[PDB]
Amino acid sequence: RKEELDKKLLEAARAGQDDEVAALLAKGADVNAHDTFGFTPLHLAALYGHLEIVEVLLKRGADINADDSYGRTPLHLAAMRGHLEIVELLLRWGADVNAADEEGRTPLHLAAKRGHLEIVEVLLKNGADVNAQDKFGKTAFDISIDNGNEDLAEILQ
Amino acid sequence: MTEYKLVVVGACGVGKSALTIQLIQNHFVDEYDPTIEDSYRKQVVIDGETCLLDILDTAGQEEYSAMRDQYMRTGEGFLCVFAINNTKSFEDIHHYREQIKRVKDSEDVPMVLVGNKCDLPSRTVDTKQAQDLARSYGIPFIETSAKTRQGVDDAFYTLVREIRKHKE
Ligand SMILES: *CCC(=O)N1CCN(c2nc(=O)n(-c3c(C)ccnc3C(C)C)c3nc(-c4c(O)cccc4F)c(F)cc23)[C@@H](C)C1
Ligand SMILES: Nc1nc2c(ncn2[C@@H]2O[C@H](COP(=O)(O)OP(=O)(O)O)[C@@H](O)[C@H]2O)c(=O)[nH]1
Ligand SMILES: [Mg+2]
């Protein structure tokens, strides 16, 4: 029952059915439920670009700082997917800007590696450590140099 | 340390994410997000030497992705993973191989054929056909099973050794 309801909530968040998400939340589902890897409904809602589902989960009490088995918070997924509205909403709710995953990758590092300039500048505006170092000794500037993107290097400087 | 820029390519549901997670965290994920594409860094010991593996789990169906194509061009080895219980994936392995050949624009590209889901007893792709395809392509074939974590390390080490042989 509880597991099935949580799985239905996760599937509704992944698919992008706001009505189904609202109905499942009204039916007793858990906003902090995690799947096998650890993706909470907020993780999937941020990953798949459903701003309304993200807002509903945040209002209902979703753990915004929760992380999956690899330490990736929903901010990490929203940054790696290049969702400007989602990252702005997550930062507006006090998400851990300098959060670290199992490799110690700041969401700034993920946004730089993917190639999302707007996400990078938005994260920097809200206090993102440019000098942040992962577990392998690579910063955002190093990632920009490796990618060779001149615009990313200009923004990071 | 040597940073090997590995890539893992294949069809949907073949187990690329499962293999990568088994290598990185040594635990199998029964269900994983179909469209998660991220790079995992691992410190391994091969032939007594410490090496760094930077493995990309290509799982995005988008036609254009600057990070993905840059990683593919800069990649040094490719794991072509297919499910033995899925003939369609085995057929699409050739399409992935020719796509990688066109992108890299190189005749000799380090590739390793991987047959995932070896634990399942309803095998659909015969081992003989896969071995014949591998020997025709001149690349090793390794059978892996992410659920039991058998052959994953062997497949990754074979890819690394093939990369080293191509470099030398
Ligand atoms: C179920 C989700 C999943 O596992 N996926 C794996 C990645 N993927 C995928 N899809 C896809 O259509 N192509 C592709 C491209 C980008 C261009 C032309 N043809 C194809 C298909 C018909 C093979 C993917 N291409 C690559 C890839 C290309 O194309 C060239 C060089 C190196 C490559 F890796 C790829 F890695 C994944 C592709 C879908 C099925 C989602
Ligand atoms: N029994 C078994 N199942 C597997 C194995 N590898 C992957 N799977 C299953 O394949 C399903 C989809 O794999 P997925 O993680 O999506 O691979 P991907 O599509 O390449 O990212 C998962 O639910 C796994 O249970 C394996 O080695 N053995
Ligand atoms: Mg995947």
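Per chain, numbering begins at 1; letters A, B, ... match sequence-line order. For ligands, and for the atoms within them, numbers begin at 1 and follow the listed sequence.
In this structure, the drug modeled at ligand 1 is sotorasib (bound form). In this structure the chain with most contacts to sotorasib (bound form) is the one UniProt names GTPase KRas, N-terminally processed. In this entry, the other chains with a heavy atom less than 4.0 Å from sotorasib (bound form) are B.
Measured from sotorasib (bound form), other ligands and ions fall under 4.0 Å in these cases: ligand 2 (guanosine-5'-diphosphate).
Within the deposited model, the covalent partner of sotorasib (bound form) is B:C12 SG. Residues of other chains with a heavy atom under 4.0 Å from sotorasib (bound form): B:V9, B:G10, B:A11, B:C12, B:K16, B:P34, B:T58, B:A59, B:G60, B:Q61, B:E63, B:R68, B:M72, B:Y96, B:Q99, B:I100, B:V103.
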